[PDB]
Asker: 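The structure is given below, and queries will be raised subsequently.
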Amino acid sequence: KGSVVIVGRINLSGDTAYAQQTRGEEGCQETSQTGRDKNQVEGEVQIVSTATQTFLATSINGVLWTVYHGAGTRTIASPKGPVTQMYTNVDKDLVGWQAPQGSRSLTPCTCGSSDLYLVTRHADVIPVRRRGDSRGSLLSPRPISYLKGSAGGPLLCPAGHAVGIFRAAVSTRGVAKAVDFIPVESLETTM
Ligand SMILES: C=C[C@@H]1C[C@]1(NC(=O)[C@@H]1C[C@@H]2CN1C(=O)[C@H](C(C)(C)C)NC(=O)O[C@@H]1C[C@H]1CCCCCc1nc3ccc(OC)cc3nc1O2)C(=O)NS(=O)(=O)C1CC1
Ligand SMILES: [Zn+2]
């Protein structure tokens, strides 16, 4: 099993929400084996890939977070070498590494706003309302297809702070009504 390789970012740089591929299939395959990745990394939200899976990962106060169901127990490739997991919790579906060289980090939310925004692998910013600790209702029903591959991605409050990490979609008859996420509180207890 190779290392997770950062293959793009979801950009909230300026006044538009958009994804950028920064590596291709073959070169990803090459980098996973060794774990040595020179590539220019930027930003808070990374697109990350394994041999079979592509998903998201979000840096929040110096730690890159994602889902175990995506990342398994794998290292993540870095300029120096494979980077071992800092945090690992299979029940929470959570893994964390040190935040990558080049990254920015989001700040945990302190607002307690319930208006939230899920950022997807397609670079859509989808509005969500807080349902409670770890659930949030989409204002606009989507098929599961649409959200698939956006695990590891942030739910942001209106200040652009992180509320949590997208974990799963609450679906009936193929339609996501709500989403499940790992709250920052739970990260900050995991830390
Ligand atoms: C729509 C996008 C959605 C974010 C995505 N997540 C999933 O697909 C998860 C993974 C798996 C099933 N998922 C679901 O979302 C299901 C599904 C019907 C399939 C939508 N929904 C669901 O259970 O609803 C129940 C209320 C919630 C209860 C919570 C479920 C538990 C979460 C979960 N935890 C663990 C911990 C450890 C494991 O060890 C290997 C494995 C796990 N697997 C898990 O669920 C995603 O995009 N992934 S991804 O990016 O495509 C892939 C590359 C990584
Ligand atoms: Zn906030």
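In this chain, residues are counted from 1 in sequence order. We read in the header that X-ray crystallography, 2.0 Å was used to get this structure. Every number for a ligand or one of its atoms is a count from 1 in the order of the listing.
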Asker: Looking at ligand 1, what drug do you see?
Answerer: grazoprevir
Asker: Any non-hydrogen atom of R135 lying under 4.0 Å from grazoprevir (ligand 1)?
Answerer: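 A heavy atom of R135 does come that close to grazoprevir (ligand 1).
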Asker: Run down the list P143, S134, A169 and name the one with the heavy atom closest to atom 22 (C) of grazoprevir (ligand 1).
Answerer: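 The option holding the nearest heavy atom is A169.
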Asker: State the atoms of grazoprevir (ligand 1), each with its element, that fall below the 4.0 Å cut-off from a heavy-atom position in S150.
Answerer: 47 (O), 50 (O)
Asker: For grazoprevir (ligand 1), which atoms sit closer than 4.0 Å to a heavy atom of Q53?
Answerer: 53 (C), 54 (C)
Asker: Measuring from non-hydrogen atoms of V90 to any atom of grazoprevir (ligand 1), is the shortest distance under 4.0 Å?
Answerer: yes
Asker: When you compare grazoprevir (ligand 1) with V67, is there at least one nitrogen or oxygen pair between them that comes in under 3.5 angstrom?
Answerer: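 Such a contact does not occur with grazoprevir (ligand 1).
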Asker: Enumerate the atoms of grazoprevir (ligand 1) whose separation from the nearest heavy atom of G149 is less than 4.0 angstrom.
Answerer: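 That gives atoms 46 (C), 47 (O), 49 (S), 50 (O), 51 (O) of grazoprevir (ligand 1).
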Asker: Polar contacts were defined as any N/O atom of the residue lying under 3.5 Å from an N/O atom of the ligand; does this apply to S171 and grazoprevir (ligand 1)?
Answerer: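 Among all N and O atoms of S171, none is under 3.5 Å from an N or O of grazoprevir (ligand 1).
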Asker: Could you list which atoms of grazoprevir (ligand 1) come closer than 4.0 Å to a heavy atom of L147?
Answerer: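 In order of number, 1 (C), 2 (C), 47 (O).
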Asker: Any N or O of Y68 that comes nearer than 3.5 Å to an N or O of grazoprevir (ligand 1)?
Answerer: no
Asker: Which residues count as the binding site of grazoprevir (ligand 1) under a heavy-atom cut-off of 4.0 Å?
Answerer: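 Counting heavy atoms, the site comprises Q53, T54, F55, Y68, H69, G70, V90, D93, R135, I144, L147, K148, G149, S150, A151, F166, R167, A168, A169, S171.
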